[PDB]
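Take a look at the structure set out below.
Here is how names work: the chains are called A, B, and so on, in the same order as the sequence lines, proteins then strands, and each is numbered from 1. First listed ligand is number 1; within each ligand, the first listed atom is number 1. Recorded method for this deposit: X-ray crystallography, 2.2 Å. Basis for what follows: all heavy atoms, side chains included, without hydrogens, waters or symmetry-related copies.
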2 protein chains.
Amino acid sequence: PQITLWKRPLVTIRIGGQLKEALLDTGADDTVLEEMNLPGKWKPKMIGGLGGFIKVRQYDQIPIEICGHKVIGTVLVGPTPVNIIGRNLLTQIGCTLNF
Amino acid sequence: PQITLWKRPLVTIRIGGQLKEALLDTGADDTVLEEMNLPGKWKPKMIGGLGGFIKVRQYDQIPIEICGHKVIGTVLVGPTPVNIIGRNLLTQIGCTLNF
Ligand SMILES: CC(C)CN(C[C@@H](O)[C@H](Cc1ccccc1)NC(=O)O[C@H]1CCOC1)S(=O)(=O)c1ccc(N)cc1
């Protein structure tokens with residue numbers, strides 16, 4: 001698909017049984033989602049935004065479906081105001097910026 | 001250009017005769033640059049991101065050259081972790097996401 005930037009690039013993602021809206025965010029190194037109780041080990045981590053850092057939990061090799069595309073990787077979980085699909089997952093769906 | 005996301009999408013911009021490195025950031029609504037001087041009246045504003053809100057100075061109708069491409073729009077200035085080109089200017093250069 002081609003996605004235009006007049007509005008926020010919001011898409012539906014599937015992880016487990018859970019469907020969420022998320023930003024295709026080229027400005028985010030890693031994927032960050034709001035509260036969810038994923039299986040597996042996690043490491044605590046801190047990530048820096050505008051306004052400063054927040055603490056997240058890092059979960060590795062998590063399957064995500066993004067616009068019908070199955071990918072697998074690290075999902076950071078914590079108090080992000082908005083669900084973010086970062087470059088770590090965007091690369092896996094073949095996503096480019098074009099102009 | 002087509003820009004892949006295995007690395008940060010950092011580009012050189014020209015504003016006010018100055019060359020800077022900025023991040024093409026589809027998750028940013030607005031363009032925020034690091035502390036610099038720009039001329040003309042500005043308005044104080046507050047914007048929010050991952051780790052809270054920051055104070056910025058809003059300058060309107062500012063010419064910027066992003067790669068080759070000329071834009072004229074709103075540039076906010078303050079304590080952003082990195083220079084950010086948001087959607088207000090990404091749209092002006094005809095930037096899309098494509099997978
Ligand atoms: C600031 C860049 C360098 C990194 N951020 C990504 C940005 O796209 C960020 C995404 C976002 C959108 C809306 C609310 C909150 C966050 N937008 C952002 O701040 O919107 C401001 C900047 C101008 O206009 C509005 S990040 O969220 O902090 C971040 C950091 C690390 C990871 N792993 C993931 C995300």
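- Picking from amprenavir, raloxifene, avapritinib, pelitinib, epothilone D, the compound at ligand 1 is amprenavir.
- The chain in largest contact with amprenavir bears the name, in the PDB entry, of Protease.
- Other chains in heavy-atom range of amprenavir (under 4.0 Å): A, B.
- The site surrounding amprenavir, defined by heavy atoms under 4.0 Å, contains A:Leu23, A:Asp25, A:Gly27, A:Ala28, A:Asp30, A:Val32, A:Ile47, A:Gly48, A:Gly49, A:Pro81, A:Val82, A:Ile84, B:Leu23, B:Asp25, B:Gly27, B:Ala28, B:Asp29, B:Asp30, B:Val32, B:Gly48, B:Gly49, B:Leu50, B:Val82, B:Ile84.
- Of the protein's non-hydrogen atoms, A:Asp25 OD2, 3.2 Å is the one closest to atom 10 (C) of amprenavir.
- Residue, atom and distance of the protein heavy atom nearest to atom 22 (C) of amprenavir are B:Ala28 CB, 3.8 Å.
- In terms of protein heavy-atom proximity, atom 16 (C) of amprenavir is nearest to B:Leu50 N, 3.8 Å.
- Below 3.5 Å of separation, one finds no N or O of A:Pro81 facing any N or O of amprenavir.
- On a distance-only criterion, A:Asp30 and amprenavir share at least one N/O pair closer than 3.5 Å.
- Protein heavy atom nearest atom 30 (C) of amprenavir, with residue, atom name and distance: A:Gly48 O, 3.3 Å.
- Of the protein's heavy atoms, A:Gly27 O, 3.5 Å lies nearest to atom 2 (C) of amprenavir.
- For amprenavir, the polar-atom distance check against A:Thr31 finds no nitrogen or oxygen pair separated by under 3.5 Å.
- Counting protein heavy atoms only, atom 28 (O) of amprenavir is closest to A:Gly49 CA, 2.9 Å.
- For atom 13 (C) of amprenavir, the closest non-hydrogen atom of the protein is A:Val82 CG1, 3.4 Å.
- According to the deposit, the organism of chain B is Hiv-1 m:b_arv2/sf2.
- Looking only at protein heavy atoms, the nearest one to atom 1 (C) of amprenavir is B:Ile84 CD1, 3.6 Å.
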